[PDB]
Number of protein chains: 4
Amino acid sequence: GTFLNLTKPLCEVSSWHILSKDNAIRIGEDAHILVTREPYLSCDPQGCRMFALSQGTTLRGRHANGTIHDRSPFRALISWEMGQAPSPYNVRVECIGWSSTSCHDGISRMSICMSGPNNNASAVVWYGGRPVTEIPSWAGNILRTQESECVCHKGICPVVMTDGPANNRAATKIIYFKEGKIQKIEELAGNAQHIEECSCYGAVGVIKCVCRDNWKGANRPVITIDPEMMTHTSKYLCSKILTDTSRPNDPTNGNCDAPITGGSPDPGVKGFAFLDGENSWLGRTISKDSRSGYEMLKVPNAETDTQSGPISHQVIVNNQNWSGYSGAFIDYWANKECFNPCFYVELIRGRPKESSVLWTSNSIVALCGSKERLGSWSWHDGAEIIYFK
Amino acid sequence: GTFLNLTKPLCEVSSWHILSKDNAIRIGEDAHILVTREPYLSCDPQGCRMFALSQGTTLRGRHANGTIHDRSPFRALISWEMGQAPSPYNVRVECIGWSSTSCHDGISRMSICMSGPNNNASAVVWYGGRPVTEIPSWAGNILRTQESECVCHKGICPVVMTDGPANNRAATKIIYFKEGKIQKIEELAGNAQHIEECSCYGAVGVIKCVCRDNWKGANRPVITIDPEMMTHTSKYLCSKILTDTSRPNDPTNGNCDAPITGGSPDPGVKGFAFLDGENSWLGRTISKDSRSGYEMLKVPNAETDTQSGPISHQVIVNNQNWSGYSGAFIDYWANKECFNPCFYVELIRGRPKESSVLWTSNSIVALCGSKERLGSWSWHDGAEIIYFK
Amino acid sequence: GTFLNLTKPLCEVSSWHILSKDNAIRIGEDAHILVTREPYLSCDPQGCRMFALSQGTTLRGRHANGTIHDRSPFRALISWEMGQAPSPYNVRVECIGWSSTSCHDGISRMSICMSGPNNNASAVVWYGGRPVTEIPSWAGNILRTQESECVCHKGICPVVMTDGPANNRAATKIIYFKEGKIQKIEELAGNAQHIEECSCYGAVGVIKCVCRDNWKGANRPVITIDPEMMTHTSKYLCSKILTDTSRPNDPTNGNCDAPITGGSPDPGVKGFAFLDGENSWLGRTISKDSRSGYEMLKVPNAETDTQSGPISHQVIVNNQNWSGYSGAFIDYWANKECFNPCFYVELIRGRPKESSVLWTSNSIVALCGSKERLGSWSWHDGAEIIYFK
Amino acid sequence: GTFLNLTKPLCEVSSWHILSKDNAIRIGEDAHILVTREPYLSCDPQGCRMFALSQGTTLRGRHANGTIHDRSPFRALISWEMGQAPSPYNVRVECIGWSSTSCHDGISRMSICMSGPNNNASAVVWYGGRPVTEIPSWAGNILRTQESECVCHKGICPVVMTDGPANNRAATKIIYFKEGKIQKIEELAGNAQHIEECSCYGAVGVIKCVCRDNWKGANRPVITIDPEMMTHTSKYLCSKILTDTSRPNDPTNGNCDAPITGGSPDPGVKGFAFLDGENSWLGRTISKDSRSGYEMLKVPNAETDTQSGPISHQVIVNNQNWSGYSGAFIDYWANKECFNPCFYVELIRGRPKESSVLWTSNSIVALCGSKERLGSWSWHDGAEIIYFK
Ligand SMILES: *[C@@H]1O[C@H](CO)[C@@H](O[C@@H]2O[C@H](CO)[C@@H](O[C@@H]3O[C@H](CO[C@H]4O[C@H](CO[C@H]5O[C@H](CO)[C@@H](O)[C@H](O)[C@@H]5O)[C@@H](O)[C@H](O[C@H]5O[C@H](CO)[C@@H](O)[C@H](O)[C@@H]5O)[C@@H]4O)[C@@H](O)[C@H](O)[C@@H]3O)[C@H](O)[C@H]2NC(C)=O)[C@H](O)[C@H]1NC(C)=O
Ligand SMILES: *[C@@H]1O[C@H](CO)[C@@H](O[C@@H]2O[C@H](CO)[C@@H](O[C@@H]3O[C@H](CO[C@H]4O[C@H](CO[C@H]5O[C@H](CO)[C@@H](O)[C@H](O)[C@@H]5O)[C@@H](O)[C@H](O[C@H]5O[C@H](CO)[C@@H](O)[C@H](O)[C@@H]5O)[C@@H]4O)[C@@H](O)[C@H](O)[C@@H]3O)[C@H](O)[C@H]2NC(C)=O)[C@H](O)[C@H]1NC(C)=O
Ligand SMILES: *[C@@H]1O[C@H](CO)[C@@H](O[C@@H]2O[C@H](CO)[C@@H](O[C@@H]3O[C@H](CO[C@H]4O[C@H](CO[C@H]5O[C@H](CO)[C@@H](O)[C@H](O)[C@@H]5O)[C@@H](O)[C@H](O[C@H]5O[C@H](CO)[C@@H](O)[C@H](O)[C@@H]5O)[C@@H]4O)[C@@H](O)[C@H](O)[C@@H]3O)[C@H](O)[C@H]2NC(C)=O)[C@H](O)[C@H]1NC(C)=O
Ligand SMILES: *[C@@H]1O[C@H](CO)[C@@H](O[C@@H]2O[C@H](CO)[C@@H](O[C@@H]3O[C@H](CO[C@H]4O[C@H](CO[C@H]5O[C@H](CO)[C@@H](O)[C@H](O)[C@@H]5O)[C@@H](O)[C@H](O[C@H]5O[C@H](CO)[C@@H](O)[C@H](O)[C@@H]5O)[C@@H]4O)[C@@H](O)[C@H](O)[C@@H]3O)[C@H](O)[C@H]2NC(C)=O)[C@H](O)[C@H]1NC(C)=O
Ligand SMILES: *[C@@H]1O[C@H](CO)[C@@H](O[C@@H]2O[C@H](CO)[C@@H](O[C@@H]3O[C@H](CO)[C@@H](O)[C@H](O)[C@@H]3O)[C@H](O)[C@H]2NC(C)=O)[C@H](O)[C@H]1NC(C)=O
Ligand SMILES: *[C@@H]1O[C@H](CO)[C@@H](O[C@@H]2O[C@H](CO)[C@@H](O[C@@H]3O[C@H](CO)[C@@H](O)[C@H](O)[C@@H]3O)[C@H](O)[C@H]2NC(C)=O)[C@H](O)[C@H]1NC(C)=O
Ligand SMILES: CO[C@@H]([C@@H]1OC(C(=O)O)=C[C@H](NC(=N)N)[C@H]1NC(C)=O)[C@H](O)CO
Ligand SMILES: CO[C@@H]([C@@H]1OC(C(=O)O)=C[C@H](NC(=N)N)[C@H]1NC(C)=O)[C@H](O)CO
Ligand SMILES: CO[C@@H]([C@@H]1OC(C(=O)O)=C[C@H](NC(=N)N)[C@H]1NC(C)=O)[C@H](O)CO
Ligand SMILES: CO[C@@H]([C@@H]1OC(C(=O)O)=C[C@H](NC(=N)N)[C@H]1NC(C)=O)[C@H](O)CO
Ligand SMILES: [Ca+2]
Ligand SMILES: [Ca+2]
Ligand SMILES: [Ca+2]
Ligand SMILES: [Ca+2]
C-alpha cells in the first residue's frame with residue numbers, strides 16, 4: 001500500500017443511488033444480530049465496511065433491555081462486511097468503548113475508541129490492529145469523537161474530539177495522527193460555539209467536517225482543515241436551510257458566524273453535508289422536531305450564501321419512518337477520476353420513540369452520488385415493531 | 001486473470017448429473033436461513049457460487065410474512081458458497097434491489113441490481129465489488145433484467161433488460177458492458193413480441209439467450225447475440241414442444257416467428273434451453289398449468305424445426321413437487337475442452353400454492369451435462385410444509 | 001504442490017493419543033448443527049479436515065425426523081475444519097449423494113459421491129472442486145463406496161466401489177484415478193466373498209484396505225493394492241480375533257481364505273485395522289452383538305497368523321456407550337520420518353438403539369499413534385438423550 | 001517468520017488501558033456461545049487471539065448443566081479472534097483436553113493440552129497445527145499446566161507442568177521445547193513449595209513466571225527462567241502484599257523463602273505479576289476470601305522487598321462483581337521499542353457462587369500498560385444472572 005493523497009476533485013452529484021442496506025432489525029428479529037447504534041461506513045483499498053458501536057448483546061437477547069443507555073463497559077467499535085447485518089459471528093472488534101472514529105490511510109486502518117467513566121474517560125488509538133497511543137480526558141467530562149470516519153492525506157489523519165459539557169461551552173481539539181501517533185494538537189478556533197460528532201470528507205488537499213452544535217445552534221458547524229499545514233478554521237453552514245434536529249422553521253436568512261437558536265425538544269443530531277460550491281448537498285431529517293424521515297437537498301453555495309435554498313431534493317427515508325444519525329464517507333480508492341460523495345443514514349428503532357420495547361438499536365442504509373437523474377424511494381428500516389412485542 | 005473468450009464448443013450431453021443442492025428450506029426450518037427467490041449460479045476462475053434475491057429476513061422470522069411480494073427496499077442480490085444454504089452469516093451482498101444479473105469476465109465480477117418504485121426504478125452496475133455505472137428507467141414501468149447469469153467474451157458482457165408492461169408490448173434493450181461501463185446500447189430487434197428474464201450461455205463466439213414472453217407466447221423467445229459485433233437477432237423457439245408455463249398442450253407444429261397463445265392461468269415463468277443442433281435440450285415444468293415438476297427433454301434441432309420432438313428425457317423434479325424458475329450457467333473455466341451446459345431449478349415453497357404459510361421462499365438444485373447415460377431421481381425441495389405450521 | 005508418494009514406513013504404535021473430538025451432539029442440542037452419519041477425516045498438505053454425509057437438516061430441526069434413512073436426495077458429502085462441529089454455516093459441500101470417499105493427491109482433492117435411486121445410482125467424481133468424471137451403476141443395485149478416505153501414490157488414487165446385493169454376492173471394482181480421471185478398472189479378485197466400506201492407508205508403496213463383508217464373514221476382508229502396477233489381492237484378516245459386528249465369540253483359530261460365519265443380529269459395520277507385522281492393531285466394537293464400545297487391540301501378525309491374539313489393548317469408548325463406524329486415515333504430510341496411523345470412531349446417537357428420539361446422527365472422535373505408553377479414558381459422545389426429549 | 005528473541009526491555013507502566021472484552025455471557029444469553037473457563041490471550045506476528053477451555057456445549061444448552069466440573073472428555077483448547085465471543089462457528093480447536101498452554105515462537109504456534117483420567121493423564125504437544133510430541137503422566141495425579149501462554153526465545157519455549165496432589169507436595173517440571181520437541185527437562189528447584197498455573201512473560205532474555213501455591217502459601221511462587229542456559233530458580237514473591245485467593249490480611253512483612261499461610265476457604269487461584277524493580281505491578285482479587293473484584297497495585301520492588309507496598313492502584317473489576325483467573329501475555333511483535341505488559345481477567349459466572357443456575361462459564365477482559373495516567377472504571381462481566389433463570 002501507499003498513503004492516500006487527496007488529489008482528486010469531488011464528483012458532481014445530481015441524485016443518489018443505493019449502495020448498501022443491512023436490514024439488521026428485520027433480520028435480527030429471528031437471527032443472532034448485535035444491538036448497535038452510531039453506525040458508519042469506511043473504506044480501504046480492498047473495499048468498504050460497516051462500523052458501529054455494539055452494545056454487547058443480541059437484539060432478541062434479554063440484555064437488550066436498557067440499550068437506550070449511551071455508555072457502558074459492554075460497548076465496542078465493531079466492523080463487518082458491507083451489506084451483512086452485524087452478528088457476534090461476523091464482526092471484527094476494532095477497539096473497546098462508547099465513542100469512535102476510524103479511517104484507512106492507504107496502508108493501514110486507524111481506529112479510536114473512548115471508554116471509561118464520565119469524569120475520567122480515555123481514548124485508545126489503534127493502528128494496523130494494534131493499540132499504539134492512549135489519550136486521557138482533558139476536561140473530565142465525556143471525552144468523545146466523530147462517530148463516523150476520519151480522512152487521511154499523505155499519512156496525516158486529523159480527528160476532531162470534544163471533552164466537556166453537552167449543554168455549555170466545551171473543549172474541542174483537532175489531533176493530527178500519523179500511524180496512530182500524535183503529530184500535532186490544535187485547540188479548536190473559529191466561530192462554531194460547540195462541536196460534536198463531525199462528519200468529514202476530503203478532496204483536492206482539503207478536509208471538510210460538518211458537525212453538531214448541541215448547545216445553541218440549529219445550524220451546523222463546519223470545520224475546514226488543511227491536513228498539510230495542520231491548521232483549520234470553523235464557522236456555521238451559512239444557508240437558511242437549517243439541518244440540525246431539533247430546529248425551527250428555516251428563516252429567510254441563515255447565519256455564517258453565529259448559532260441560529262430555537263427548535264424543540266432535541267438539542268442535536270449527528271449529520272453531514274457535501275459543500276462544493278454549486279455542487280452542494282445538505283442532508284437533514286424531514287421532521288424539524290424529531291429524528292424521522294431523511295431528505296437530501298441540493299443547495300448551491302450552501303456553505304457561503306445565507307440566502308441559498310434547494311433547487312432539487314431526494315427523499316431518502318419518508319417522514320412516516322424513523323431515521324437517526326447520518327454521516328459522510330468516500331471510497332477514496334475507487335476506480336474514478338473524482339472522489340464520489342457517499343453517506344449513510346442510521347435507522348433507529350426502539351427507545352425512546354418506540355418505548356413499547358425495552359431496547360434501542362438501528363439498521364443502516366448507505367447511498368452514493370450519481371450524475372444521472374435516478375428515481376428514488378424510501379429506504380426505511382422495514383421492521384414491524386409489533387413483531388418484537 | 002485474463003478476459004474469458006468463448007473459444008470452445010458446447011459439450012455433447014446425454015444426461016444430467018447432480019452438481020449442487022442447498023436444501024435451504026429443510027435447513028431453514030430450524031437454522032437462520034434468509035428468505036430468497038429468483039436464484040441462480042454463476043462461476044469464476046476460482047469456482048461457482050449461488051446467487052439469489054434476499055427478502056431481508058430469515059425464513060422462520062416474523063418478517064417472512066408477506067414475502068410473496070416481488071419488490072421492496074429490503075431485497076438484495078446475495079451470493080454464497082455453492083451448496084451452502086443462504087444465511088445472514090455467510091452471504092456476500094452483491095448489490096441492492098429486486099431484479100439482478102451477474103457474470104465474471106475472467107478478471108472481475110459484474111453485478112447489476114434494479115431497485116426503486118415501479119415508475120422510477122434504476123439499475124446500479126457493480127464491477128469488482130464497486131459501483132461503476134447507474135441507469136435510470138427508460139419507460140417508467142419496472143426496469144428489470146435476467147435473474148440469471150450474463151455471459152462475457154473478450155471483456156464484453158451483454159445484458160438483456162426490459163422496461164414496460166408485463167402484459168403488453170415493452171421496451172427491451174441489450175446493453176453491452178465492459179468493466180461495468182456501457183459500450184453500446186441496442187433496442188431489441190427480431191420477432192419475439194415480449195422479452196423477460198433471459199437465460200444465457202455462450203460457445204464459439206456466440207451468446208444465446210432463452211427468455212420468457214409474458215404477453216402472448218407459450219413458446220419461448222430466443223435471442224442470439226454476437227458479442228464481438230455487438231449485434232443480435234431474436235425469434236421464438238421453433239419446436240412444437242412448448243416450454244413456458246402456463247402453456248396449452250403441445251401442437252403438431254411449433255412456430256419460429258410468432259407466439260403460440262393459450263394455456264392458463266399463469267402468463268409465464270423464467271426458463272432456459274441449450275440449443276446446439278442435434279445436441280439440444282429443453283427444460284420445462286411437467287405441469288402445463290403450474291410451476292410443478294421439472295423435466296429435461298432432448299429435442300434435436302428444437303431451435304430450427306417446428307416439428308421437432310423429444311428423443312430422450314430426464315425428470316429432474318417429479319410432478320408431485322413444486323418447481324419454479326430455471327436458468328442456464330456454465331463453468332467457463334473448467335478443465336475441459338468443451339463448455340459443459342449446467343442449469344439450476346428454483347424449488348419454490350410457500351405462497352401462493354401453499355397458502356397455509358405466510359411466506360414464499362425457495363431452495364436450489366443444480367445439474368450439469370454428462371456424456372454418460374446416468375440414472376436419475378427427483379431432486380425436490382424435500383421440506384414438509386406441515387413442520388412450518 | 002507435488003504428488004504424494006508413499007515413500008515412508010508406518011510408524012510404530014504402542015498406544016493412541018487424542019487427536020480431535022467435535023462433541024457434535026452435545027453442541028447440536030442447542031446450536032445449529034447438521035444431522036450427519038458416515039463421518040471420516042482426510043488430510044492434505046495444509047492440515048486435516050472432518051468429512052461426513054449430511055442429512056440436509058439440523059439436529060434439533062423437525063426434518064431430523066426420519067434420518068435413520070440411509071439414502072435421500074437431501075444428503076451430501078460435507079467437510080469442515082477439524083474439531084468444529086458441522087453447521088450449515090461452516091461446511092464445504094464436496095459433492096451431492098449418500099455414499100462417498102475423498103482424498104488429496106498432494107496437489108488437489110478428489111471427492112466422489114454416489115446418488116440416485118437404488119436401481120440407477122451414479123458416482124460423480126470431483127477434482128479440485130470441480131466435477132470431472134461420472135460413473136453409472138454397473139449392477140443396478142446401490143452403487144456405493146468406502147465412506148472413508150482413499151489413498152494416493154504418484155498421482156494414482158485407487159477407490160474400492162461395490163454395486164449389487166447387501167446380502168449376496170456383489171460386483172466390486174477397484175478404479176484407479178488420476179486427477180479424477182479413470183486410468184484403469186479392475187474387477188475384484190481374491191478370496192474375500194463380499195466387500196463394502198473399505199478403510200485404507202498406505203506406506204512404502206503399498207495400499208492396504210480393511211473392509212466389511214456384509215454377506216457371510218465376521219472376519220474382515222483385506223485388500224492389498226499396488227498403486228504403481230495397479231493390481232491387487234484380497235482375502236480375510238487371518239487372526240482369530242474377529243472384528244466385524246455382529247460376530248460370534250472369537251474361535252481358537254481364525255481363517256485367511258474364507259468367511260467365519262455367525263453372530264447376531266447385524267450383518268456388518270465399517271471398520272479398520274493397521275497391519276504391519278508385529279506392529280499390527282485391530283479396532284472393533286466391544287460388544288460382539290451391537291455397535292457399542294470401541295477397543296484397539298495390538299495383535300502381532302494379525303494379517304497372517306490365524307492364532308494371533310492381543311498382547312495389549314486400549315479402550316477408546318467404554319461398552320456402556322454407543323459407537324458406530326470406524327476408519328483409517330493418515331496425515332501423509334506430517335513432519336515425521338514415518339507415516340503415523342490415525343483412526344476415527346463414529347459415535348452414533350438416536351435410532352435404532354435410542355428409538356425414544358426420531359433422529360439418527362453422530363459425533364466424531366479421532367486418535368493417532370504414539371510410541372509412548374499413554375494412559376487412556378473413554379471418548380464417548382457425551383450427550384444426554386433425555387435432553388432431546 | 002523468524003524466531004522471537006526477547007531482546008527488548010519491559011515497558012514502563014503507569015496505568016492500564018482497555019485492550020479487549022468479549023462480553024461472552026451477555027451475548028451467550030441468546031446466541032450460540034460455548035461454555036468455557038480458564039481463558040487467556042496469546043499473540044503472534046499477525047495479532048492476538050483469545051484462548052480458553054471449552055466444555056463442549058453452548059451456554060444456553062442443556063449440557064451446560066454440570067459445567068462446574070473441571071475435567072471431562074468433552075473439553076478442548078479453543079482459540080478465536082480477539083474480541084469475539086467463542087461460538088461453535090468461530091473457534092479453532094487447538095487440541096483436546098482440560099489443561100493447556102500455548103505460545104508462538106515467531107514461526108509457528110505450539111499448543112499443549114492434557115487429557116485423560118486423573119491417574120493416567122497425558123499431554124499432547126502440537127506445533128504448527130499438528131501433533132508432534134506426547135508426554136505421559138509421571139506421578140499419576142492430574143498432569144496439568146499453565147492455563148495461560150508460554151514464552152519463547154530463540155525457538156526455545158519453556159513450559160511449567162505439575163503432576164501430583166493439589167494439597168500436598170507435587171512433582172513440577174520445566175520442559176524446554178523447540179518446535180514442539182523436548183530439548184531438556186528440569187525438575188523444579190528453588191524454595192516454592194507447590195507450583196500450579198504459572199503466568200509467564202519475558203524481556204531481555206529472561207522469562208519470569210508467577211504461579212499458584214495451592215498447598216500452603218497465600219504468597220505467590222515466582223520462577224525465573226533463563227531460556228538460553230535452560231536453567232531456573234524459584235521462590236516466593238517477597239512483598240507483604242499477598243496476591244493469592246484465599247489469603248489473610250497482608251502482614252507487616254512478606255516472605256521470600258517460605259509460604260505465608262492462612263486465609264479461608266479457597267486454597268488458591270491462578271494469578272500474575274509484572275516484576276521489574278520499581279516498575280512492578282501485582283494483580284489480585286479485591287476480596288481476600290473469594291474470587292470477587294480485581295485490582296492492579298503498583299508495588300515497587302515487590303519481587304525483592306518484604307516491606308514493599310502499593311504507591312498506586314487501579315480497580316479493574318469492582319468488588320461487587322465476580323472475577324476469577326488472571327494471567328500475563330505480551331504482544332512481542334508490537335511495533336514498539338519495549339515489550340508492553342498485558343493481562344486478562346477471567347470473569348467467572350455461575351457455580352459455585354451463583355448456584356441458582358446449573359452452569360459455570362466466564363467472559364474475558366484484557367488490558368495493556370500505558371505510560372499515561374488513564375482514568376479507570378470496572379470492566380465486570382455485565383450479565384444479569386436472573387435472565388438465565
Ligand atoms: C423520478 O425520479 C426523479 C429523480 O429522483 C424525480 O425528480 C425529482 O422531481 C421533483 C419534481 O419535479 C423535483 O422536486 C423539485 O424540488 C425542488 C426542491 O424542493 C425541496 O425544497 C423545497 C423548498 O424547501 C424550503 O422551503 C419550504 C417553504 O417553501 C420549507 O418548507 C422547507 O423547509 C425549505 O425551507 C421544499 O418545499 C420541497 O418539499 C418537497 O419535498 C419534501 C422532501 O424533501 C417534502 O417533505 C415536501 O412535502 C415537498 O414534497 C423539497 O424539500 C423544488 O423547488 C421544485 O419545485 C421541485 O419540487 C426533485 O428535485 C427531483 N429530484 C431529482 C433528484 O432530480 C422525479 O420526480 C421522479 N418521478 C416520479 C413520477 O416520481
Ligand atoms: C436408468 O437411468 C436411465 C438414464 O436416466 C434411464 O434412461 C431413460 O430410459 C427411458 C425409457 O427407455 C427413456 O424414455 C424415452 O423417452 C423418450 C422421450 O420421452 C419424453 O417425451 C415424450 C413425448 O412427449 C411429447 O408427446 C406427448 C404426446 O405423445 C406429450 O404428452 C408431451 O407433452 C410431448 O408433446 C413423452 O411422452 C415422455 O413422457 C414420459 O416422461 C414424462 C417426463 O418427461 C412423464 O411425465 C410421462 O408420464 C412419461 O413417463 C417424455 O417426456 C420417449 O420417446 C421414449 O419412448 C422413452 O420413453 C429416457 O429417454 C431415458 N433417459 C436417458 C437420459 O437416457 C433408464 O430408464 C433408467 N432405468 C430405470 C430402470 O429406471
Ligand atoms: C495407564 O495407561 C496405560 C496405557 O494405556 C495402561 O496400560 C494398559 O495396562 C493393561 C493392564 O496391564 C494392559 O492390559 C493387558 O492387555 C492384554 C490384552 O488384553 C486384551 O485382550 C484380551 C484377550 O482377548 C481375547 O481373549 C478373551 C478370552 O480370554 C476374549 O474375551 C476376547 O474376545 C479375545 O478373544 C482380553 O481378555 C482383554 O480384555 C480386557 O479389556 C477389554 C477391553 O479391550 C475389556 O472389555 C475386558 O473386560 C478386559 O478388561 C483385552 O481386550 C492382556 O493380555 C493382559 O493380560 C493385560 O490385561 C494394557 O494392554 C495396557 N495398555 C497399553 C496401551 O499399554 C495402564 O493400565 C493404565 N493404568 C491404570 C492404573 O489405569
Ligand atoms: C482518574 O483516573 C486516575 C487514573 O486511574 C485516578 O488516579 C488514581 O488516583 C487515586 C487517588 O489519588 C490513587 O490512589 C492512591 O493509591 C495508593 C495505593 O492505594 C492502594 O493500596 C492501599 C494500601 O493497601 C495496603 O494497605 C491497606 C491497609 O492500609 C490494606 O487494606 C491493603 O490490603 C494493602 O495491604 C490501599 O489502602 C488502597 O485501597 C483503595 O483502593 C482499593 C482498590 O485497590 C479499594 O478496595 C479501597 O477501598 C481503597 O479505595 C489501594 O488498594 C494510595 O496509597 C494513595 O493514598 C491513593 O489512594 C491511584 O493510585 C491513582 N491511580 C493511577 C493509576 O494513577 C484518579 O483518581 C481518577 N479521578 C477520579 C476523579 O476518579
Ligand atoms: C401477516 O401480515 C398481514 C398483512 O400485514 C397481517 O394482517 C394484517 O393485520 C393487521 C393487524 O391486525 C390488520 O390491520 C387492521 O386492519 C383493519 C381493517 O383495515 C383496521 O380497521 C385495523 O385498525 C387494523 O389496522 C390488517 O387488516 C391485516 N391484513 C390482512 C390482509 O389480513 C397479519 O396479521 C400477519 N400475520 C402474522 C402472523 O404476523
Ligand atoms: C442437571 O444435572 C443433574 C445431575 O445429573 C440432574 O440431577 C439428577 O437427575 C437424575 C434424574 O432425575 C437423578 O437420578 C435419579 O437418582 C435417584 C437416586 O440416585 C435414582 O433412584 C433414580 O432412579 C434416578 O437415577 C439424580 O439423582 C439427580 N442428581 C442430583 C445431584 O440431583 C438434574 O436433573 C439436571 N437438571 C436439568 C435441569 O437438566
Ligand atoms: C451524550 O450525548 C451525546 C451523544 O448523543 C447521542 C444522541 O443520540 O444524541 C448518541 C451518543 N452515544 C454514543 N456515542 N454512545 C452520545 N455520545 C456519547 C459519548 O455518549 C451528545 O452528543 C451530547 O454530548
Ligand atoms: C412482476 O412480475 C415479473 C416477475 O415475475 C415473477 C414471477 O414469479 O413470475 C418474479 C419476479 N420477481 C422479482 N424479480 N423480484 C418478477 N420481476 C420483478 C422485477 O418483479 C414478470 O416477469 C412480469 O413482468
Ligand atoms: C445399505 O446398507 C449399507 C450401508 O450400511 C449402513 C450401516 O449403518 O450399516 C450405512 C450406510 N449408509 C450410507 N452410506 N448412507 C449404507 N450404505 C448405503 C449406500 O446406504 C450396508 O453396507 C449394506 O450394503
Ligand atoms: C483441580 O483443581 C485445580 C485447578 O483449579 C481450578 C480452580 O478453579 O481453582 C481450575 C482448573 N480447571 C481446569 N484446568 N480445567 C483446575 N485444574 C485441573 C487440571 O483440573 C487446582 O489447581 C488444584 O490442583
Ligand atoms: Ca443543535
Ligand atoms: Ca408466456
Ligand atoms: Ca459381516
Ligand atoms: Ca494458596
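Here is how names work: the chains are called A, B, and so on, in the same order as the sequence lines, proteins then strands, and each is numbered from 1. All values below were derived from every heavy atom in this structure, side-chain atoms included, with hydrogens, water molecules and symmetry-related copies excluded. Just so you know, ligand 1 is whichever comes first in the structure, and atom 1 is the first atom listed for that ligand.
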Enquirer: Specify the drug or drug candidate modeled at ligand 7.
Expert: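 Its PDB name is laninamivir.
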Enquirer: I'm curious which macromolecule has the most heavy-atom contacts with laninamivir (ligand 7) - what does the PDB entry call it?
Expert: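 Its main partner is Neuraminidase.
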Enquirer: Which other chains are heavy-atom neighbours of laninamivir (ligand 7) at a cut-off of 4.0 Å?
Expert: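 Heavy atoms from other chains: A.
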Enquirer: What residues, by chain and number, sit within 4.0 Å of laninamivir (ligand 7) when only non-hydrogen atoms are counted?
Expert: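 With heavy atoms under 4.0 Å, it is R37(A), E38(A), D70(A), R71(A), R75(A), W98(A), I142(A), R144(A), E147(A), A166(A), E196(A), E197(A), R212(A), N214(A), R291(A), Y325(A).
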Enquirer: Any nitrogen or oxygen of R212(A), side chain or backbone, less than 3.5 Å from one on laninamivir (ligand 7)?
Expert: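 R212(A) vs laninamivir (ligand 7): N/O contact under 3.5 Å present.
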Enquirer: Taking only heavy atoms of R75(A), which atoms of laninamivir (ligand 7) are found under 4.0 Å from at least one of them?
Expert: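 With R75(A) as reference, the close atoms of laninamivir (ligand 7) come out as 15 (N).
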Enquirer: Just which atoms of laninamivir (ligand 7) are under 4.0 Å from any heavy atom in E147(A)?
Expert: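 Going through laninamivir (ligand 7) atom by atom, the ones under 4.0 Å from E147(A) are 14 (N).
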Enquirer: What atoms in laninamivir (ligand 7) come closer than 4.0 Å to a heavy atom of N214(A)?
Expert: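 Within the 4.0 Å cut-off of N214(A), laninamivir (ligand 7) contributes 23 (C).
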Enquirer: Looking at atom 3 (C) of laninamivir (ligand 7), tell me if a protein heavy atom falls under 4.0 Å from it.
Expert: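 No; the ligand atom in question lacks any protein heavy-atom contact below 4.0 Å.
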